[PDB]
*Asks:* 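Starting off with a structure, shown below.
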Amino acid sequence: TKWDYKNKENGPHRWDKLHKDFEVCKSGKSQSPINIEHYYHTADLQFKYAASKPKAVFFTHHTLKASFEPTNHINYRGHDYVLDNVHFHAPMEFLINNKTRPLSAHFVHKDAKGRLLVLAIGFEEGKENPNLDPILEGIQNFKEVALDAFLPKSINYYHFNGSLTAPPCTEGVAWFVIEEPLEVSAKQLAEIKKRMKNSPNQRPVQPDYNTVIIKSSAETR
Amino acid sequence: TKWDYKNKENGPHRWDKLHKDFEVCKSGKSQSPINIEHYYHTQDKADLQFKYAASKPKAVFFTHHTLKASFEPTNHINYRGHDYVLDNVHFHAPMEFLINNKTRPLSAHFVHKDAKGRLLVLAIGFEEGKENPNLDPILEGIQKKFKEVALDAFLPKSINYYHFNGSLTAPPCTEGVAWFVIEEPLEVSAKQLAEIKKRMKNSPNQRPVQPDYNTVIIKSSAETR
Ligand SMILES: CC(=O)/N=c1\sc(S(N)(=O)=O)nn1C
Ligand SMILES: CC(=O)/N=c1\sc(S(N)(=O)=O)nn1C
Ligand SMILES: [Cl-]
Ligand SMILES: [Cl-]
Ligand SMILES: [Zn+2]
Ligand SMILES: [Zn+2]
(Lines of atoms letter the chains of each structure in order from A and count residues from 1; the text may use other names and numbers.)
(Lines give C-alpha, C1' and ligand atoms only; values in the text may rest on other atoms or scores of the structure.)
(Ligands and ions follow the chains in the order given, each with its own letter.)
Protein backbone atom coordinates (compact mmCIF):
# COMPACT_ATOMS: atom_id res chain seq x y z
CA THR A 1 0.00 0.00 0.00
CA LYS A 2 2.99 2.22 -0.74
CA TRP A 3 3.61 2.99 -4.45
CA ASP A 4 1.87 5.88 -6.21
CA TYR A 5 2.46 8.33 -9.05
CA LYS A 6 3.38 11.24 -6.79
CA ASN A 7 6.43 13.18 -8.06
CA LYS A 8 8.18 12.86 -4.72
CA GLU A 9 8.94 9.70 -2.77
CA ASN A 10 6.58 7.01 -3.98
CA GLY A 11 6.96 8.17 -7.53
CA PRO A 12 8.05 5.92 -10.37
CA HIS A 13 11.73 7.03 -10.38
CA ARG A 14 11.93 5.58 -6.90
CA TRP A 15 9.72 2.46 -7.18
CA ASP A 16 12.73 0.13 -6.95
CA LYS A 17 13.57 1.87 -3.68
CA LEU A 18 10.09 1.41 -2.21
CA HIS A 19 10.35 -2.35 -2.40
CA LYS A 20 12.92 -4.85 -3.58
CA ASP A 21 10.27 -6.60 -5.74
CA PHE A 22 10.23 -3.48 -7.81
CA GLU A 23 13.98 -3.63 -8.22
CA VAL A 24 13.47 -4.64 -11.85
CA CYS A 25 11.71 -1.33 -12.33
CA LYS A 26 15.31 -0.11 -12.43
CA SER A 27 17.49 -3.09 -13.24
CA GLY A 28 15.50 -4.58 -16.12
CA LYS A 29 16.51 -3.83 -19.72
CA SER A 30 13.01 -4.27 -21.17
CA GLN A 31 11.03 -1.80 -19.10
CA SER A 32 7.83 -0.29 -20.40
CA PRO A 33 6.55 2.18 -21.64
CA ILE A 34 8.66 3.60 -24.52
CA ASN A 35 8.51 5.78 -27.67
CA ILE A 36 8.10 3.54 -30.69
CA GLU A 37 10.38 5.12 -33.18
CA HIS A 38 12.34 2.35 -34.86
CA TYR A 39 10.60 -0.72 -36.21
CA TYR A 40 10.48 -3.29 -38.96
CA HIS A 41 7.75 -3.66 -41.55
CA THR A 42 6.22 -7.01 -42.26
CA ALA A 43 -1.61 -11.81 -38.24
CA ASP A 44 -1.53 -15.16 -36.49
CA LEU A 45 -3.52 -13.33 -33.87
CA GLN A 46 -7.04 -14.44 -33.05
CA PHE A 47 -9.56 -12.67 -30.87
CA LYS A 48 -12.13 -14.64 -28.99
CA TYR A 49 -14.11 -11.75 -27.59
CA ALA A 50 -17.72 -11.45 -26.67
CA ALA A 51 -19.81 -8.90 -24.95
CA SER A 52 -19.16 -9.94 -21.38
CA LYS A 53 -20.46 -9.11 -17.95
CA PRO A 54 -17.62 -8.34 -15.49
CA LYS A 55 -16.82 -10.55 -12.56
CA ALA A 56 -16.23 -7.23 -10.85
CA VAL A 57 -15.67 -3.60 -11.79
CA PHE A 58 -13.48 -1.50 -9.60
CA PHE A 59 -10.93 1.24 -9.28
CA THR A 60 -7.79 -0.26 -7.75
CA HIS A 61 -4.22 0.96 -7.44
CA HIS A 62 -5.00 4.21 -9.29
CA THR A 63 -6.71 2.84 -12.47
CA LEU A 64 -10.27 1.87 -13.41
CA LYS A 65 -10.50 -1.87 -13.77
CA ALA A 66 -13.02 -4.37 -14.95
CA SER A 67 -12.11 -7.91 -14.03
CA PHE A 68 -13.49 -10.80 -16.02
CA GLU A 69 -14.26 -14.46 -16.14
CA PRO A 70 -11.95 -16.68 -18.18
CA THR A 71 -14.42 -16.76 -21.10
CA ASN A 72 -12.72 -14.36 -23.53
CA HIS A 73 -9.49 -15.42 -25.25
CA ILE A 74 -6.73 -14.28 -27.50
CA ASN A 75 -4.82 -16.92 -29.33
CA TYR A 76 -1.27 -16.02 -30.28
CA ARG A 77 1.05 -18.42 -32.11
CA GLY A 78 -1.14 -21.35 -31.17
CA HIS A 79 -1.43 -20.44 -27.47
CA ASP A 80 -4.52 -19.15 -25.68
CA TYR A 81 -4.17 -16.04 -23.59
CA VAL A 82 -7.07 -15.40 -21.20
CA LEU A 83 -8.21 -11.83 -20.67
CA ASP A 84 -7.97 -11.01 -16.99
CA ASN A 85 -9.04 -7.44 -16.93
CA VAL A 86 -9.17 -4.22 -18.85
CA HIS A 87 -8.03 -1.09 -17.15
CA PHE A 88 -7.16 2.37 -18.14
CA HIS A 89 -4.17 4.64 -17.98
CA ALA A 90 -4.42 8.40 -18.45
CA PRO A 91 -2.57 9.76 -20.26
CA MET A 92 -1.43 7.11 -22.73
CA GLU A 93 1.77 5.48 -21.53
CA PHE A 94 3.28 4.25 -24.83
CA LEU A 95 4.33 6.68 -27.49
CA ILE A 96 4.37 6.12 -31.24
CA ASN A 97 6.86 8.20 -33.25
CA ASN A 98 6.75 11.05 -30.78
CA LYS A 99 2.88 11.09 -30.68
CA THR A 100 0.58 11.21 -27.63
CA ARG A 101 -3.08 10.62 -26.97
CA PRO A 102 -4.70 11.53 -23.60
CA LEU A 103 -6.01 8.02 -22.79
CA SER A 104 -5.52 4.28 -23.30
CA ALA A 105 -6.97 0.95 -22.15
CA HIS A 106 -5.02 -2.18 -21.40
CA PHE A 107 -6.31 -5.64 -22.17
CA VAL A 108 -4.40 -8.08 -19.94
CA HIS A 109 -3.95 -11.77 -20.85
CA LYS A 110 -2.22 -14.88 -19.50
CA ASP A 111 -1.65 -18.28 -21.16
CA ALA A 112 -1.18 -21.88 -20.03
CA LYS A 113 2.40 -21.12 -18.92
CA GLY A 114 1.36 -17.89 -17.16
CA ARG A 115 2.94 -15.59 -19.77
CA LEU A 116 1.50 -12.10 -20.25
CA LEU A 117 -0.03 -10.49 -23.35
CA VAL A 118 -1.16 -6.89 -22.99
CA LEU A 119 -2.86 -4.67 -25.53
CA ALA A 120 -2.67 -0.90 -25.60
CA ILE A 121 -5.10 1.16 -27.63
CA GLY A 122 -5.92 4.81 -27.66
CA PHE A 123 -8.92 7.01 -27.37
CA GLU A 124 -9.25 10.16 -29.44
CA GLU A 125 -11.12 13.27 -28.33
CA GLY A 126 -14.24 13.42 -30.46
CA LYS A 127 -17.49 11.49 -30.64
CA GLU A 128 -18.81 9.60 -27.61
CA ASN A 129 -18.07 5.88 -27.89
CA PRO A 130 -20.80 3.61 -26.37
CA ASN A 131 -18.47 0.83 -25.31
CA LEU A 132 -17.50 2.78 -22.24
CA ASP A 133 -20.96 2.86 -20.76
CA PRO A 134 -21.49 -0.73 -19.51
CA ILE A 135 -18.49 -0.36 -17.22
CA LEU A 136 -19.20 3.24 -16.14
CA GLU A 137 -22.54 2.00 -14.87
CA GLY A 138 -21.00 -0.86 -12.88
CA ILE A 139 -20.11 0.56 -9.50
CA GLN A 140 -22.53 -1.82 -7.83
CA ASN A 141 -26.12 -5.92 -11.32
CA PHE A 142 -23.12 -5.54 -13.68
CA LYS A 143 -24.13 -4.96 -17.36
CA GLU A 144 -22.46 -6.84 -20.23
CA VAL A 145 -19.39 -5.19 -21.78
CA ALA A 146 -19.05 -5.16 -25.57
CA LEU A 147 -15.57 -6.60 -26.01
CA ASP A 148 -15.87 -7.87 -29.57
CA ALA A 149 -17.01 -4.39 -30.54
CA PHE A 150 -14.49 -2.42 -28.49
CA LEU A 151 -11.51 -2.70 -30.89
CA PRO A 152 -11.39 -1.82 -34.62
CA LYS A 153 -12.10 -4.70 -37.01
CA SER A 154 -9.01 -3.72 -38.97
CA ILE A 155 -5.90 -2.92 -36.98
CA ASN A 156 -2.29 -1.80 -37.53
CA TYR A 157 -0.10 -2.60 -34.54
CA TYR A 158 3.34 -2.62 -32.94
CA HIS A 159 4.64 -5.77 -31.33
CA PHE A 160 7.63 -6.09 -29.04
CA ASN A 161 8.80 -7.45 -25.71
CA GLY A 162 8.53 -5.23 -22.67
CA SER A 163 7.53 -5.01 -19.02
CA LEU A 164 4.53 -4.04 -16.94
CA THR A 165 4.09 -0.32 -16.75
CA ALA A 166 3.25 -0.70 -13.05
CA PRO A 167 5.03 -2.40 -10.14
CA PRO A 168 6.40 -4.97 -9.88
CA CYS A 169 7.19 -4.07 -13.49
CA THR A 170 7.44 -7.74 -14.33
CA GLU A 171 8.89 -8.53 -17.72
CA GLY A 172 8.20 -11.20 -20.30
CA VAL A 173 5.40 -9.03 -21.62
CA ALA A 174 4.27 -9.32 -25.24
CA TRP A 175 3.03 -5.88 -26.12
CA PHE A 176 0.75 -5.09 -28.98
CA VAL A 177 0.22 -1.38 -29.36
CA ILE A 178 -2.57 -0.50 -31.76
CA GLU A 179 -2.09 2.46 -34.07
CA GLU A 180 -5.71 3.40 -34.68
CA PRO A 181 -7.09 5.64 -31.94
CA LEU A 182 -10.56 4.89 -30.58
CA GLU A 183 -12.76 7.89 -29.94
CA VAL A 184 -13.58 9.49 -26.64
CA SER A 185 -15.82 12.42 -25.93
CA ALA A 186 -14.63 15.45 -23.95
CA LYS A 187 -17.42 14.89 -21.35
CA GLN A 188 -16.49 11.24 -21.00
CA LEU A 189 -12.82 12.19 -20.79
CA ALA A 190 -13.15 14.49 -17.82
CA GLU A 191 -15.76 12.23 -16.19
CA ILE A 192 -13.61 9.08 -16.19
CA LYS A 193 -10.45 11.06 -15.30
CA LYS A 194 -12.37 11.97 -12.15
CA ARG A 195 -12.47 8.27 -11.34
CA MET A 196 -8.77 8.59 -12.00
CA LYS A 197 -9.11 11.28 -9.33
CA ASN A 198 -8.00 13.70 -12.05
CA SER A 199 -4.57 12.50 -10.94
CA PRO A 200 -2.41 11.02 -13.69
CA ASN A 201 -1.75 7.30 -13.52
CA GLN A 202 0.86 7.15 -16.31
CA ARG A 203 4.33 5.63 -15.96
CA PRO A 204 7.05 7.67 -17.74
CA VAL A 205 8.96 6.42 -20.76
CA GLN A 206 11.63 3.94 -19.75
CA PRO A 207 15.19 3.71 -21.18
CA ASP A 208 15.19 1.94 -24.61
CA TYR A 209 17.87 -0.68 -25.39
CA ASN A 210 17.20 -1.03 -29.14
CA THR A 211 13.97 -2.91 -28.67
CA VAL A 212 13.10 -4.96 -31.71
CA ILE A 213 9.67 -3.91 -32.96
CA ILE A 214 7.56 -5.31 -35.82
CA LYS A 215 4.74 -3.37 -37.48
CA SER A 216 2.01 -5.57 -38.80
CA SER A 217 -1.72 -5.74 -39.25
CA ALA A 218 -4.62 -7.98 -38.41
CA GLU A 219 -8.37 -8.35 -38.37
CA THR A 220 -9.96 -8.51 -34.95
CA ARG A 221 -13.45 -9.56 -35.91
CA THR B 1 33.19 -21.50 -6.35
CA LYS B 2 33.02 -21.38 -10.17
CA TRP B 3 30.32 -22.04 -12.79
CA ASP B 4 30.37 -25.02 -15.14
CA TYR B 5 28.17 -26.91 -17.58
CA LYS B 6 28.59 -30.10 -15.52
CA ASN B 7 25.74 -32.23 -14.08
CA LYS B 8 25.82 -31.24 -10.44
CA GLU B 9 25.95 -28.09 -8.35
CA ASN B 10 27.87 -25.66 -10.52
CA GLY B 11 25.82 -26.40 -13.65
CA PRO B 12 23.54 -24.08 -15.75
CA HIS B 13 20.46 -25.04 -13.78
CA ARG B 14 22.24 -23.53 -10.79
CA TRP B 15 24.21 -20.55 -12.04
CA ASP B 16 21.86 -18.18 -10.18
CA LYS B 17 22.71 -19.89 -6.94
CA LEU B 18 26.49 -19.51 -7.37
CA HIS B 19 26.71 -15.74 -7.21
CA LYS B 20 24.09 -13.05 -6.62
CA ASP B 21 25.51 -11.30 -9.66
CA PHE B 22 23.98 -14.26 -11.49
CA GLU B 23 20.38 -13.80 -10.27
CA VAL B 24 19.14 -12.85 -13.74
CA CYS B 25 20.32 -16.18 -15.12
CA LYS B 26 17.10 -17.71 -13.88
CA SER B 27 14.79 -14.76 -13.20
CA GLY B 28 15.27 -12.80 -16.44
CA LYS B 29 12.59 -12.81 -19.07
CA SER B 30 14.87 -12.43 -22.06
CA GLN B 31 17.40 -15.19 -21.48
CA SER B 32 19.53 -16.85 -24.18
CA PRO B 33 19.98 -19.18 -25.99
CA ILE B 34 16.61 -20.08 -27.39
CA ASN B 35 15.04 -22.23 -30.03
CA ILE B 36 14.32 -20.03 -33.03
CA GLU B 37 11.06 -21.20 -34.70
CA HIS B 38 8.80 -18.16 -34.77
CA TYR B 39 9.94 -15.01 -36.52
CA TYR B 40 8.90 -12.21 -38.73
CA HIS B 41 10.05 -11.84 -42.28
CA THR B 42 11.08 -8.29 -43.18
CA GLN B 43 12.86 -6.11 -45.71
CA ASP B 44 16.38 -4.82 -45.60
CA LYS B 45 16.02 -1.49 -43.90
CA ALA B 46 18.55 -3.25 -41.68
CA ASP B 47 21.32 -0.80 -40.91
CA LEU B 48 24.09 -3.31 -40.18
CA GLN B 49 27.40 -2.60 -41.89
CA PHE B 50 30.58 -4.43 -41.14
CA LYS B 51 33.82 -2.69 -40.60
CA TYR B 52 36.09 -5.70 -40.26
CA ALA B 53 39.70 -6.23 -41.24
CA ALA B 54 42.39 -8.82 -40.74
CA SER B 55 43.55 -8.33 -37.18
CA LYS B 56 46.03 -9.99 -34.87
CA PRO B 57 44.45 -10.92 -31.53
CA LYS B 58 45.71 -9.25 -28.41
CA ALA B 59 45.57 -12.82 -27.14
CA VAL B 60 44.28 -16.30 -27.75
CA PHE B 61 43.62 -18.23 -24.62
CA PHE B 62 41.36 -20.59 -22.82
CA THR B 63 39.06 -19.02 -20.28
CA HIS B 64 35.71 -20.15 -18.79
CA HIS B 65 35.19 -23.34 -20.86
CA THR B 66 35.77 -21.58 -24.18
CA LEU B 67 38.48 -20.71 -26.62
CA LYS B 68 38.70 -16.96 -26.89
CA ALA B 69 40.50 -14.51 -29.14
CA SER B 70 40.44 -10.96 -27.92
CA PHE B 71 41.29 -8.14 -30.27
CA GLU B 72 42.65 -4.69 -30.60
CA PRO B 73 39.79 -2.25 -30.84
CA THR B 74 40.36 -2.10 -34.59
CA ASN B 75 37.41 -4.14 -35.83
CA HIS B 76 33.86 -2.70 -35.82
CA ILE B 77 30.17 -3.18 -36.47
CA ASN B 78 27.78 -0.33 -37.28
CA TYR B 79 24.13 -0.60 -36.35
CA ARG B 80 21.75 2.32 -37.08
CA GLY B 81 24.42 4.98 -36.58
CA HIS B 82 25.62 3.16 -33.47
CA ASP B 83 29.12 1.60 -33.86
CA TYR B 84 30.06 -1.55 -31.86
CA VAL B 85 33.72 -2.51 -31.47
CA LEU B 86 34.65 -6.18 -31.50
CA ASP B 87 35.86 -7.31 -28.10
CA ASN B 88 36.51 -10.97 -28.71
CA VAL B 89 35.55 -14.10 -30.60
CA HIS B 90 34.85 -17.25 -28.61
CA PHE B 91 33.39 -20.65 -29.20
CA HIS B 92 30.60 -22.94 -28.20
CA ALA B 93 30.30 -26.65 -28.98
CA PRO B 94 27.69 -27.53 -29.77
CA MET B 95 26.12 -24.34 -31.07
CA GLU B 96 23.92 -22.80 -28.38
CA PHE B 97 21.08 -21.17 -30.38
CA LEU B 98 18.85 -23.46 -32.34
CA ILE B 99 17.60 -22.65 -35.80
CA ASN B 100 14.28 -24.37 -36.17
CA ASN B 101 15.38 -27.05 -33.69
CA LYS B 102 18.51 -27.76 -35.66
CA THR B 103 21.81 -28.36 -33.93
CA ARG B 104 25.26 -27.37 -35.13
CA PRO B 105 28.43 -28.94 -33.76
CA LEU B 106 29.93 -25.49 -33.12
CA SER B 107 29.39 -21.73 -33.01
CA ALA B 108 31.26 -18.43 -32.91
CA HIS B 109 30.25 -15.25 -31.11
CA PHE B 110 31.37 -11.83 -32.18
CA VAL B 111 31.12 -9.86 -29.02
CA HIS B 112 30.83 -6.10 -29.28
CA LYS B 113 30.52 -3.20 -26.88
CA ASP B 114 29.72 0.40 -27.67
CA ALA B 115 31.11 3.24 -25.52
CA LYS B 116 28.28 3.07 -22.98
CA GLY B 117 28.59 -0.67 -22.63
CA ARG B 118 25.79 -1.78 -24.94
CA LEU B 119 26.23 -5.34 -26.14
CA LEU B 120 25.96 -6.85 -29.55
CA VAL B 121 26.77 -10.46 -30.07
CA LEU B 122 26.96 -12.08 -33.41
CA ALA B 123 26.42 -15.81 -33.72
CA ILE B 124 27.18 -18.22 -36.54
CA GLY B 125 27.13 -22.00 -36.59
CA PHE B 126 29.75 -24.31 -38.05
CA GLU B 127 29.16 -27.45 -40.03
CA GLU B 128 31.61 -30.34 -40.37
CA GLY B 129 33.18 -30.37 -43.80
CA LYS B 130 36.08 -28.71 -45.57
CA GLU B 131 39.28 -27.52 -43.94
CA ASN B 132 38.61 -24.04 -42.65
CA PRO B 133 41.71 -21.92 -43.32
CA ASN B 134 40.61 -19.16 -40.97
CA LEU B 135 40.49 -21.53 -38.02
CA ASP B 136 44.06 -22.72 -37.81
CA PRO B 137 45.57 -19.23 -37.31
CA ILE B 138 43.57 -19.42 -34.12
CA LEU B 139 44.67 -22.97 -33.56
CA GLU B 140 48.17 -21.71 -34.37
CA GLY B 141 48.04 -18.81 -31.94
CA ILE B 142 46.83 -20.56 -28.80
CA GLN B 143 50.11 -22.34 -27.90
CA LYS B 144 52.13 -19.21 -28.59
CA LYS B 145 52.27 -16.38 -26.07
CA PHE B 146 49.84 -13.90 -32.81
CA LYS B 147 48.96 -14.20 -36.50
CA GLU B 148 46.45 -11.91 -38.28
CA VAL B 149 42.87 -13.16 -38.18
CA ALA B 150 41.14 -12.94 -41.51
CA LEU B 151 38.05 -11.38 -40.03
CA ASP B 152 37.70 -9.63 -43.34
CA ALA B 153 37.32 -13.13 -44.70
CA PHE B 154 35.70 -14.82 -41.75
CA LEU B 155 31.99 -14.24 -42.25
CA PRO B 156 30.01 -14.84 -45.46
CA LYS B 157 29.48 -11.90 -47.79
CA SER B 158 25.80 -12.54 -48.03
CA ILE B 159 24.14 -13.62 -44.79
CA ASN B 160 20.65 -14.47 -43.65
CA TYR B 161 20.36 -13.64 -39.96
CA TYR B 162 17.88 -13.42 -37.11
CA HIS B 163 17.78 -10.36 -34.89
CA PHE B 164 16.35 -9.95 -31.38
CA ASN B 165 17.23 -8.95 -27.83
CA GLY B 166 18.48 -11.60 -25.44
CA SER B 167 21.16 -12.20 -22.85
CA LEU B 168 24.75 -13.37 -22.57
CA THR B 169 24.65 -17.16 -22.61
CA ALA B 170 27.10 -17.53 -19.72
CA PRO B 171 27.04 -15.90 -16.26
CA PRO B 172 26.24 -13.10 -15.37
CA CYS B 173 23.59 -13.61 -18.11
CA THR B 174 23.37 -9.90 -18.74
CA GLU B 175 20.25 -8.89 -20.69
CA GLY B 176 19.77 -6.10 -23.21
CA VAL B 177 21.92 -8.01 -25.69
CA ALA B 178 21.33 -7.42 -29.40
CA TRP B 179 21.68 -10.82 -30.94
CA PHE B 180 22.40 -11.41 -34.59
CA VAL B 181 22.25 -15.04 -35.42
CA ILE B 182 23.42 -15.84 -38.92
CA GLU B 183 21.65 -18.75 -40.59
CA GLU B 184 24.34 -19.96 -42.98
CA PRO B 185 26.68 -22.40 -41.23
CA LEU B 186 30.40 -22.17 -41.83
CA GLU B 187 32.57 -25.16 -42.69
CA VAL B 188 34.98 -27.07 -40.45
CA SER B 189 37.18 -30.17 -40.88
CA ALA B 190 36.72 -33.28 -38.71
CA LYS B 191 40.04 -32.85 -36.94
CA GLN B 192 39.66 -29.08 -36.74
CA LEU B 193 36.41 -30.02 -35.02
CA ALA B 194 37.95 -32.70 -32.86
CA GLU B 195 41.09 -30.84 -31.85
CA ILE B 196 39.45 -27.61 -30.72
CA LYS B 197 37.06 -29.45 -28.43
CA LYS B 198 40.17 -30.66 -26.70
CA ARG B 199 41.40 -27.08 -26.48
CA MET B 200 37.99 -26.41 -25.07
CA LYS B 201 38.93 -29.38 -22.93
CA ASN B 202 36.24 -31.67 -24.32
CA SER B 203 33.73 -30.38 -21.77
CA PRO B 204 30.66 -28.97 -23.60
CA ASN B 205 30.09 -25.28 -23.03
CA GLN B 206 26.53 -25.10 -24.27
CA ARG B 207 23.89 -23.46 -22.10
CA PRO B 208 20.55 -25.23 -22.44
CA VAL B 209 17.71 -23.53 -24.28
CA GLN B 210 16.04 -20.97 -22.03
CA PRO B 211 12.39 -20.14 -21.44
CA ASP B 212 11.03 -18.06 -24.24
CA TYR B 213 8.58 -15.27 -23.47
CA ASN B 214 7.38 -14.80 -27.06
CA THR B 215 10.61 -13.21 -28.18
CA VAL B 216 10.02 -10.94 -31.16
CA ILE B 217 12.44 -12.03 -33.91
CA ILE B 218 12.92 -10.68 -37.45
CA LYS B 219 14.57 -12.49 -40.36
CA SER B 220 16.52 -10.49 -42.88
CA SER B 221 19.75 -10.70 -44.79
CA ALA B 222 22.75 -8.52 -45.52
CA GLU B 223 26.09 -7.79 -47.13
CA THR B 224 28.99 -7.50 -44.77
CA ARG B 225 31.67 -6.54 -47.30
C1 LIG C 1 -3.99 -7.71 -12.84
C2 LIG C 1 -3.21 -6.73 -13.68
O3 LIG C 1 -3.51 -6.56 -14.84
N4 LIG C 1 -2.13 -6.03 -13.09
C5 LIG C 1 -1.32 -5.09 -13.77
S6 LIG C 1 -1.41 -4.63 -15.23
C7 LIG C 1 -0.29 -3.62 -15.45
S8 LIG C 1 0.00 -2.79 -16.97
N9 LIG C 1 -0.71 -1.37 -16.72
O10 LIG C 1 -0.60 -3.45 -18.09
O11 LIG C 1 1.37 -2.61 -17.36
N12 LIG C 1 0.41 -3.45 -14.22
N13 LIG C 1 -0.25 -4.41 -13.15
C14 LIG C 1 0.14 -4.58 -11.80
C1 LIG D 1 34.11 -10.83 -22.64
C2 LIG D 1 32.94 -11.65 -23.12
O3 LIG D 1 32.72 -11.68 -24.31
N4 LIG D 1 32.13 -12.37 -22.18
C5 LIG D 1 31.00 -13.18 -22.48
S6 LIG D 1 30.36 -13.47 -23.84
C7 LIG D 1 29.17 -14.40 -23.59
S8 LIG D 1 28.12 -15.05 -24.83
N9 LIG D 1 28.33 -16.67 -24.93
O10 LIG D 1 28.44 -14.42 -26.07
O11 LIG D 1 26.76 -14.72 -24.60
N12 LIG D 1 29.07 -14.66 -22.22
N13 LIG D 1 30.23 -13.88 -21.52
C14 LIG D 1 30.47 -13.88 -20.13
CL1 LIG E 1 -0.05 3.36 -23.78
CL1 LIG F 1 25.15 -20.21 -30.81
ZN1 LIG G 1 -2.19 -1.00 -17.89
ZN1 LIG H 1 29.34 -17.27 -26.46
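Each chain gets a letter, A, B and so on, in the order the sequences are listed, and its residues count up from 1. Basis for what follows: all heavy atoms, side chains included, without hydrogens, waters or symmetry-related copies. Every number for a ligand or one of its atoms is a count from 1 in the order of the listing.
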*Asks:* Answer with one of methazolamide, hydralazine, dexmedetomidine for the drug at ligand 2.
*Replies:* methazolamide
*Asks:* Going by the PDB entry, what is the chain that binds methazolamide (ligand 2) with the most atom pairs under 4.5 Å called?
*Replies:* Alpha-carbonic anhydrase
*Asks:* In this structure, which other chains have a heavy atom at a distance under 4.0 Å from methazolamide (ligand 2)?
*Replies:*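 Based on heavy atoms, that gives B.
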*Asks:* State the binding site of methazolamide (ligand 2) (non-hydrogen atoms, cut-off 4.0 Å).
*Replies:*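 The binding site of methazolamide (ligand 2) (heavy atoms) is B:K68, B:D87, B:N88, B:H90, B:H92, B:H109, B:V111, B:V121, B:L168, B:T169, B:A170, B:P171, B:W179.
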*Asks:* Using a 3.5 Å cut-off on N or O atoms only, is B:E96 in polar contact with methazolamide (ligand 2)?
*Replies:* no
*Asks:* Using a cut-off of 4.0 Å, list the other ligands and ions near methazolamide (ligand 2).
*Replies:*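 Answer: ligand 6 (zinc ion).
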*Asks:* Going by distance only, is there an N or O of B:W179 that falls short of 3.5 Å from an N or O of methazolamide (ligand 2)?
*Replies:*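 No - when backbone and side-chain N and O of B:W179 are compared with those of methazolamide (ligand 2), no distance drops under 3.5 Å.
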*Asks:* Go through methazolamide (ligand 2) atom by atom and flag the ones less than 4.0 Å from a non-hydrogen atom of B:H92.
*Replies:*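 Matching atoms, with element in brackets: 9 (N).
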*Asks:* For B:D87, take its heavy atoms, then give the atoms of methazolamide (ligand 2) lying under 4.0 Å from any of them.
*Replies:*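 Heavy-atom distances to B:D87 below 4.0 Å select 1 (C).
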*Asks:* Write out the residue and atom name of the closest protein heavy atom to atom 9 (N) of methazolamide (ligand 2), then the distance separating them to 0.1 Å.
*Replies:*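 Minimum-distance protein heavy atom for atom 9 (N) of methazolamide (ligand 2) reads B:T169 OG1, 2.5 Å.
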*Asks:* Against heavy atoms of B:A170, which atoms of methazolamide (ligand 2) measure under 4.0 Å?
*Replies:*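 Heavy-atom distances to B:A170 below 4.0 Å select 12 (N).
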*Asks:* What's the shortest distance from atom 6 (S) of methazolamide (ligand 2) to any protein heavy atom, and which residue and atom give it?
*Replies:* B:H90 CE1, 3.4 Å
*Asks:* Under a 4.0 angstrom heavy-atom cut-off, which atoms of methazolamide (ligand 2) come close to B:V121?
*Replies:*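 So the atoms of methazolamide (ligand 2) that pass are 10 (O).
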*Asks:* Can you name the atoms of methazolamide (ligand 2), numbered from 1 with element, that are less than 4.0 Å from a heavy atom of B:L168?
*Replies:* 7 (C), 11 (O), 12 (N)
*Asks:* Find all atoms of methazolamide (ligand 2) within a distance of less than 4.0 Å from any non-hydrogen atom belonging to B:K68, and give their numbers and elements.
*Replies:* 1 (C)
*Asks:* Any atoms of methazolamide (ligand 2) less than 4.0 Å from a non-hydrogen atom of B:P171? List them with their elements.
*Replies:*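 Those atoms are 14 (C).
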*Asks:* I'd like to check atom 4 (N) of methazolamide (ligand 2) in this structure: does the protein have a heavy atom lying under 4.0 Å from it?
*Replies:*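 No; the ligand atom in question lacks any protein heavy-atom contact below 4.0 Å.
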*Asks:* Can you find an N/O atom of B:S167 closer than 3.5 Å to an N/O atom of methazolamide (ligand 2)?
*Replies:* no
*Asks:* Can you list the methazolamide (ligand 2) atoms lying under 4.0 Å from a non-hydrogen atom of B:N88?
*Replies:*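 Taking each heavy atom of B:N88 in turn, methazolamide (ligand 2) has 1 (C), 2 (C), 3 (O) under 4.0 Å.
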